[PDB]
*Asks:* 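Have a look at this one.
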There are 4 protein chains.
Amino acid sequence: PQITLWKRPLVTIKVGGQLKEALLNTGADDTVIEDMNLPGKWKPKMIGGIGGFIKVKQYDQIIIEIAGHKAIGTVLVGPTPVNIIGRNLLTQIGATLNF
Amino acid sequence: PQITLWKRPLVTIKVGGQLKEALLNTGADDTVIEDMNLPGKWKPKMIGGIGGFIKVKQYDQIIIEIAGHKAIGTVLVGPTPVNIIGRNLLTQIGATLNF
Amino acid sequence: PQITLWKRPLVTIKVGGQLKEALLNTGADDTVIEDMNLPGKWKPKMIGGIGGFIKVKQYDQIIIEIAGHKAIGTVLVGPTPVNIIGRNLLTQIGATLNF
Amino acid sequence: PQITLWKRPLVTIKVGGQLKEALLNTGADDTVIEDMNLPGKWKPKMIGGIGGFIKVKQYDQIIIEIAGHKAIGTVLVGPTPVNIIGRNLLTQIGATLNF
Ligand SMILES: CC(C)(C)NC(=O)[C@@H]1C[C@@H]2CCCC[C@@H]2CN1C[C@@H](O)[C@H](Cc1ccccc1)NC(=O)[C@H](CC(N)=O)NC(=O)c1ccc2ccccc2n1
Ligand SMILES: CC(C)(C)NC(=O)[C@@H]1C[C@@H]2CCCC[C@@H]2CN1C[C@@H](O)[C@H](Cc1ccccc1)NC(=O)[C@H](CC(N)=O)NC(=O)c1ccc2ccccc2n1
């Protein structure tokens with residue numbers, strides 16, 4: 001798609017077999033999604049940004065569909081108010097910024 | 001140009017007559033710049049990042065150049081580790097996210 | 001051996017009971033072999049090369065012989081144009097880089 | 001020096017007068033450096049790996065300091081997450097893979 005930026009870049013994702021909404025975030029290194037029940041092994045990690053850091057669960061090699069594009073990679077699960085797709089999965093689906 | 005997301009999409013900006021490096025961010029409408037002495041009228045605002053909420057100063061109709069492309073708009077100034085260009089200004093330079 | 005690099009460092013490997021040719025790669029974390037029917041359980045994975053990501057099958061604890069050296073480790077199977085031996089298995093044959 | 005392969009084989013390099021870290025890569029024909037401003041004439045070229053090919057700037061006769069050893073030859077500049085030193089320069093500094 002050609003995602004425009006007049007509105008929030010919202011897409012449907014599928015994680016843990018469940019459909020959710022998420023925000024495509026070129027300004028995030030990582031992918032972090034709202035606390036959820038997710039199958040798979042995980043380990044603790046901190047991730048940061050404005051206002052400081054939050055503690056999350058780091059799940060490796062998680063299957064996740066982004067607007068119908070398949071990715072399998074690292075998904076952080078924690079206290080974010082919004083599901084954000086970051087560069088680790090944006091690169092997997094071949095996303096670029098263009099102007 | 002086209003910018004892959006293998007690395008943070010950092011570009012040079014000009015704001016307040018100064019050159020800075022800034023991150024192109026589809027994930028926020030707001031633009032936030034690290035503390036600096038901009039002239040003119042301002043109002044305080046509270047904004048939320050992943051780690052919590054911060055206080056910024058909001059400056060309106062600020063001239064800003066992004067990767068050589070002219071823009072004018074609202075700039076927030078406060079405690080951010082990285083200069084962040086949000087959707088407000090990204091739309092002015094004709095940026096889209098493509099995959 | 002002491003392998004000089006005027007040609008690709010290609011060697012014979014044995015995996016799945018089959019002989020194959022593969023490239024010794026200090027630049028790769030993982031080992032990737034062209035699609036083939038290995039027996040047993042596997043996990044999906046996506047790995048990122050210079051031209052993008054490919055989906056692969058991750059087989060763990062796989063018997064593999066590399067240039068006459070026995071090894072046991074993780075082998076990824078998918079659409080690589082060239083069979084690649086990565087650092088995971090290069091450490092088992094005791095490969096070091098000298099200059 | 002002699003490097004084991006338990007960690008990524010990163011060394012300090014100098015190219016265009018700038019210090020950078022790069023990966024010593026026996027599994028790469030060519031030397032590919034992340035997009036940067038580099039003086040000199042170049043021509044477009046495609047180079048490939050896992051996932052396909054990318055478009056790069058091919059600079060001839062570029063000087064590159066690799067962990068203190070001088071090497072001169074073809075240097076490709078393009079959209080990669082990692083700087084890699086390939087066989088074309090590894091041969092020049094006498095690099096071998098030993099096991
Ligand atoms: C910029 C502002 C207006 C405050 N909006 C936001 O920050 C919103 C808030 C939303 C609700 C909370 C959870 C995140 C979403 C998305 N974010 C935008 C979102 O794009 C945000 C922008 C950003 C980038 C870099 C540094 C700071 C802030 N990115 C992030 O929060 C990601 C999170 C991550 N670990 O991937 N942070 C980083 O990628 C990042 C990069 C460098 C850093 C250096 C030092 C300290 C922290 C650093 N964090
Ligand atoms: C194997 C995997 C786990 C996916 N990791 C990687 O591929 C990482 C990714 C990193 C980030 C992007 C930039 C490259 C680095 C280093 N690479 C490893 C790196 O060692 C990689 C391994 C490889 C060799 C041959 C064929 C495919 C892949 N080599 C390369 O990507 C180099 C690039 C070059 N032109 O010099 N490719 C080749 O030397 C090469 C040789 C023969 C080929 C035949 C057909 C198609 C492509 C071919 N590419």
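Here is the naming used below: chain letters follow the sequence lines, and residue numbers restart at 1 for every chain. All values below come from the heavy atoms of this structure, side chains included, with hydrogens, waters and symmetry mates left out. In each ligand, atom 1 is the first atom listed, and ligand 1 is the first ligand listed.
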*Asks:* Which drug molecule is found at ligand 1 in this structure?
*Replies:* saquinavir
*Asks:* Hey, quick one: which chain has the most contacts with saquinavir (ligand 1) in this structure? I'd like the name as the PDB entry has it.
*Replies:* Protease PR5-SQV
*Asks:* Other chains with a heavy atom closer than 4.0 Å to saquinavir (ligand 1): which ones?
*Replies:*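 By heavy atoms, the other chains are A, B.
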*Asks:* Could you tell me, atom by atom, which parts of saquinavir (ligand 1) come under 4.0 Å of a heavy atom of B:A28?
*Replies:* 5 (N)
*Asks:* Are any of the N or O atoms of A:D29 closer than 3.5 Å to those of saquinavir (ligand 1)?
*Replies:*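 Indeed, backbone or side chain, A:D29 has an N or O that close.
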*Asks:* Which of the atoms in saquinavir (ligand 1), numbered in the order shown and given with their element, are less than 4.0 Å from a heavy-atom of A:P81?
*Replies:*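 Once the distances to A:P81 are compared, the set is 11 (C), 12 (C), 13 (C).
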*Asks:* Any heavy atom of B:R8 closer to saquinavir (ligand 1) than 4.0 angstrom?
*Replies:* yes
*Asks:* Heavy atoms of the protein only: does one fall short of 4.0 Å from atom 41 (C) of saquinavir (ligand 1)?
*Replies:* yes
*Asks:* Of B:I85, A:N83, B:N25, which has the heavy atom at the shortest distance from atom 22 (C) of saquinavir (ligand 1)?
*Replies:*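 Selected option, by shortest heavy-atom distance: B:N25.
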*Asks:* For saquinavir (ligand 1), is any non-hydrogen atom under 4.0 Å from A:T80's backbone (N, CA, C, O), its side chain (CB onward), both, or neither?
*Replies:*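 A:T80 to saquinavir (ligand 1): side-chain contact only, backbone stays beyond 4.0 Å.
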*Asks:* Check each of A:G27, A:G49, B:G52 against atom 29 (N) of saquinavir (ligand 1) and report the one with the nearest heavy atom.
*Replies:*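 Result: the heavy atom closest to atom 29 (N) of saquinavir (ligand 1) is in A:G27.
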*Asks:* Just jot down the saquinavir (ligand 1) atoms closer than 4.0 angstrom to any heavy atom of A:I50, in number order.
*Replies:*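 Selected atoms, number and element: 1 (C), 4 (C), 27 (C), 28 (C).
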*Asks:* Which is closest to atom 33 (C) of saquinavir (ligand 1) in terms of heavy atoms, A:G86, B:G48, A:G48?
*Replies:* A:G48
*Asks:* Any atoms of saquinavir (ligand 1) less than 4.0 Å from a non-hydrogen atom of A:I47? List them with their elements.
*Replies:*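 Near A:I47, meaning under 4.0 Å from one of its heavy atoms, saquinavir (ligand 1) has 35 (N).
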*Asks:* Looking only at protein heavy atoms, which one is nearest to atom 23 (C) of saquinavir (ligand 1), and what is the separation?
*Replies:* B:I84 CD1, 3.5 Å
*Asks:* Please list the residues near saquinavir (ligand 1), using 4.0 Å as the heavy-atom limit.
*Replies:*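 Non-hydrogen contacts come from A:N25, A:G27, A:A28, A:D29, A:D30, A:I47, A:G48, A:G49, A:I50, A:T80, A:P81, B:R8, B:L23, B:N25, B:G27, B:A28, B:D30, B:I47, B:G48, B:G49, B:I50, B:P81, B:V82, B:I84.
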